[PDB]
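Complex: ergotamine / 5-hydroxytryptamine receptor 2B.
For this chain, numbers begin at 1 and follow the sequence in order. How was it done? The header gives X-ray crystallography, 2.7 Å. Both ligands and their constituent atoms are indexed starting at 1 by order of listing.
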Amino acid sequence: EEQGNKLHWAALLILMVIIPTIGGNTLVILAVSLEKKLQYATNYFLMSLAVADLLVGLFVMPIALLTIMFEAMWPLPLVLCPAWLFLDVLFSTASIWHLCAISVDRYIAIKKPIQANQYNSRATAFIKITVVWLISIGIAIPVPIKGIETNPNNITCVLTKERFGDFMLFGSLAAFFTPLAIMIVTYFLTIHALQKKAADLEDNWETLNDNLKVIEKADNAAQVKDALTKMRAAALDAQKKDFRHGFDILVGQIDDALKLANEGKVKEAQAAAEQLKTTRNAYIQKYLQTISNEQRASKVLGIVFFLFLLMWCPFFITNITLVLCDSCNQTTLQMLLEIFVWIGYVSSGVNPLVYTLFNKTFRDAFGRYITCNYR
Ligand SMILES: CN1C[C@H](C(=O)N[C@]2(C)O[C@@]3(O)[C@@H]4CCCN4C(=O)[C@H](Cc4ccccc4)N3C2=O)C=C2c3cccc4[nH]cc(c34)C[C@H]21
Ligand SMILES: CC(C)CCC[C@@H](C)[C@H]1CC[C@H]2[C@@H]3CC=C4C[C@@H](O)CC[C@]4(C)[C@H]3CC[C@]12C
Ligand SMILES: CCCCCCCC/C=C\CCCCCCCC(=O)O
Ligand SMILES: *C(=O)CCCCCCCCCCCCCCC
């Protein structure tokens with residue numbers, strides 16, 4: 001039997017996988033480099049991810065077409081065979097752990113809204129980036145250390161089940177199933193943190209509005225004195241420079257209205273509280289817009305990161321199946337793995353572009369670069 005010719009697959013993968021990978025990732029790299037409105041610590045996570053995915057498109061994917069266009073034999077020098085396999089595992093592991101790091105960072109941005117400093121966040125982002133790259137080297141390093149065996153002076157550039165079986169098993173657990181478990185946990189932690197944030201907002205909004213109704217109905221000075229002291233210790237619950245002054249206005253306004261209540265002026269205190277209703281609306285509507293934006297961004301990150309992990313699932317499941325199952329047809333599972341490697345390349349390839357397309361400023365940058373603007 002003869003398989004035939006598979007050049008049509010090679011041409012299809014250049015147009016629909018390699019070109020979009022190199023194209024989409026350079027656009028993300030250009031946006032973070034040229035647009036000053038995007039030069040923030042959180043986007044350096046995206047740039048590193050885009051660099052890793054761009055390096056797959058230029059150095060891993062074109063070398064991966066050779067097995068499709070030619071035979072099983074390696075045409076390039078012997079030294080470049082473990083080097084290509086190493087870069088393949090390195091850059092593909094980096095793209096999975098970057099999303100894991102972006103997810104944990106985004107959860108921290110919700111759980112810890114304050115304590116954010118521009119200079120300190122840059123250092124913190126670079127530290128987390130470095131850790132992700134060191135994690136990726138550690139998972140990819142067993143390939144060149146173990147090496148690939150050759151009488152013939154030519155080798156077949158593929159990891160065998162006899163030599164790399166355990167690497168394929170524990171490498172998959174470390175590169176995919178460990179960041180997947182972390183991302184599942186952070187998903188439910190983010191769902192809990194966003195509900196708690198909303199529940200505390202209503203808790204303070206109700207306490208503010210209910211004590212204000214006591215003042216508008218008050219007849220004596222004692223009714224105002226007690227209802228205003230409750231708002232004094234509850235004003236710091238919604239706030240904690242912008243938050244330090246945010247509470248300071250209302251805390252000062254309550255103290256000024258309590259001064260009138262101490263004096264005995266009931267009408268003057270009631271007037272100060274009704275003029276305070278326009279001040280509480282300005283902070284409630286602002287904090288209500290912040291939670292809606294956090295929830296919208298988390299829903300976007302969720303679907304995009306889930307579709308990424310879903311496209312890597314066929315490769316890592318079949319991988320473990322070929323290793324653990326001995327009764328399974330090895331020929332059919334190898335044929336499926338060849339397709340699943342390419343579905344994974346698509347997944348990492350278009351991953352940063354798809355995500356950044358939901359940010360209007362990033363989407364506006366891409367629209368300028370496709371017509372070669374660069375401002
Ligand atoms: C996409 N990339 C592909 C790359 C790879 O398989 N490259 C070869 C060259 O292609 C195969 O898939 C081919 C396709 C046809 C049959 N093949 C095999 O049988 C064996 C896999 C295998 C070996 C032993 C036992 C079971 C399966 N292949 C190979 O060695 C390694 C990866 C990887 C392995 C382990 C951890 C990882 N993290 C990230 C990654 C990764 C990135 C990830
Ligand atoms: C046949 C294969 C090997 C070559 C494929 C050519 C690739 C590298 C080409 C084809 C179209 C190209 C893109 C066309 C448009 C732009 C907009 C420009 O502002 C920045 C670069 C960018 C994003 C290009 C980068 C390189 C690109 C992806
Ligand atoms: C998707 C059906 C193609 C499978 C036909 C079998 C031929 C095997 C030869 C090369 C495998 C490359 C095909 C992988 C393309 C899928 C990637 C994608 O989703 O864009
Ligand atoms: C600036 O105005 C943007 C650049 C415009 C696009 C240039 C087109 C380059 C063509 C190269 C594609 C080669 C691969 C073909 C597919 C098989």
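Within this structure, ergotamine can be identified as ligand 1.
Of the transmembrane segments UniProt lists for chain A, numbered from the N terminus, those with a heavy atom closer than 4.0 Å to ergotamine carry the numbers 3, 5, 6, 7. Within 4.0 Å of ergotamine, counting heavy atoms, one finds these UniProt ergotamine-binding residues of chain A: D88, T93, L159.
Residues with a heavy atom within 4.0 Å of ergotamine: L85, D88, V89, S92, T93, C157, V158, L159, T160, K161, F167, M168, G171, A175, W312, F315, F316, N319, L322, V323, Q334, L337, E338, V341, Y345.
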